[PDB]
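Take a look at the structure below.
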Amino acid sequence: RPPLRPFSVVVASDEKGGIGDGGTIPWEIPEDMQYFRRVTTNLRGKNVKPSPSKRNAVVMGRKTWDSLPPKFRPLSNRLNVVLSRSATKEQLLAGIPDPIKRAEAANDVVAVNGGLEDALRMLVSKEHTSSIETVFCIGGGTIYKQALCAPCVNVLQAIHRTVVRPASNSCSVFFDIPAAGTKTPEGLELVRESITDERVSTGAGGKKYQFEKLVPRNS
Ligand SMILES: NC(=O)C1=CN([C@@H]2O[C@H](COP(=O)(O)OP(=O)(O)OC[C@H]3O[C@@H](n4cnc5c(N)ncnc54)[C@H](OP(=O)(O)O)[C@@H]3O)[C@@H](O)[C@H]2O)C=CC1
Ligand SMILES: CCc1nc(N)nc(N)c1-c1ccc(Cl)cc1
């Protein structure tokens, strides 16, 4: 009251909950990159192609948007919602180097002067409940923290986590989630719905990874 649009988290973290060094993701796992793209891009049902009339949204902090290599700004086929206390939509667009692509990106980027909560209230609007199918929170550290506590955590439907091993020695930013069998002080307990068997990445270092899905426990 007002309600918050339900959402899912997509993240890649190691055993220490490390997700980044403050500016970028330390490891290179191309299989996770591809999976992230498909998971956040894919729409429900058969043969539904993303468009302004219906697509998914990815919500991220301004630093995560900046971490995006300019050539991938904005994330294609998805509404990009950037949280920033100052950066305007125009200022976000100005960071897109290809001027033609920038002209096209005008309808794919939205700047929110607020946190995840503000984004979730906005994504409930008559204009987004129909045009936005699924809302994915994609980072970073500060946004994940907001995602895991009230009032956001209350509408959290799932966490698509890519488990990375071995632990990185460059992570200073984390994704703090209660271990299996534990419930956070606020009351959040996560249950593993599924997890792939460990696989070795073709990227540098050959990091081992698993695609795991977690959902809040609903006794
Ligand atoms: N492994 C993974 O899956 C992921 C890793 N990352 C990594 O994490 C790091 C970035 O994390 P982090 O430092 O926490 O930065 P964030 O991505 O979380 O962005 C923080 C910023 O977002 C905006 N913001 C956050 N809360 C609010 C609010 N309540 N109101 C208005 N604006 C808000 C502000 O930007 P502003 O300064 O403009 O005001 C703030 O500085 C990088 O190392 C990146 O590579 C990021 C996503 C996923
Ligand atoms: C492909 C990396 C990746 N993998 C997973 N599992 N989750 C994420 N949230 C991201 C990610 C991090 C930063 C940006 Cl800028 C875009 C996406």
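The first residue in the sequence is number 1, and the count goes up from there. In listed order, ligands and their atoms are each counted from 1. These numbers come from the heavy atoms of this one structure, side chains and all, not from hydrogens, waters or symmetry mates.
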Determine which of clonixin, pyrimethamine, phenacetin, nitroglycerin is the drug at ligand 2.
pyrimethamine
Help me out: which chain holds the greatest share of contacts with pyrimethamine (ligand 2), per the PDB entry?
Bifunctional dihydrofolate reductase-thymidylate synthase
Numbering the atoms of pyrimethamine (ligand 2) from 1, which are under 4.0 Å from a heavy atom of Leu68?
15 (Cl)
Contacting atoms of pyrimethamine (ligand 2), where contact means under 4.0 angstrom from a heavy atom of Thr162
6 (N)
Mark up the atoms of pyrimethamine (ligand 2) that fall under 4.0 Å of a heavy atom belonging to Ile138, in ascending order.
9 (N)
Can you list the pyrimethamine (ligand 2) atoms lying under 4.0 Å from a non-hydrogen atom of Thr64?
13 (C), 14 (C), 15 (Cl)
If you count the atoms of pyrimethamine (ligand 2) from 1 in the order shown, which ones are under 4.0 Å from a heavy atom of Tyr144?
9 (N)
Select the closest option to atom 6 (N) of pyrimethamine (ligand 2) among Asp32, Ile29, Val9, judged by heavy-atom distance.
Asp32
Is the closest heavy atom of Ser67 to pyrimethamine (ligand 2) under 4.0 Å?
yes
Okay, what organism does the entry have down for chain A?
Trypanosoma brucei rhodesiense
Extract every residue of other chains having a heavy atom under 4.0 Å from pyrimethamine (ligand 2).
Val10, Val11, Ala12, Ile25, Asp32, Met33, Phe36, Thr64, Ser67, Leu68, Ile138, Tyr144, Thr162
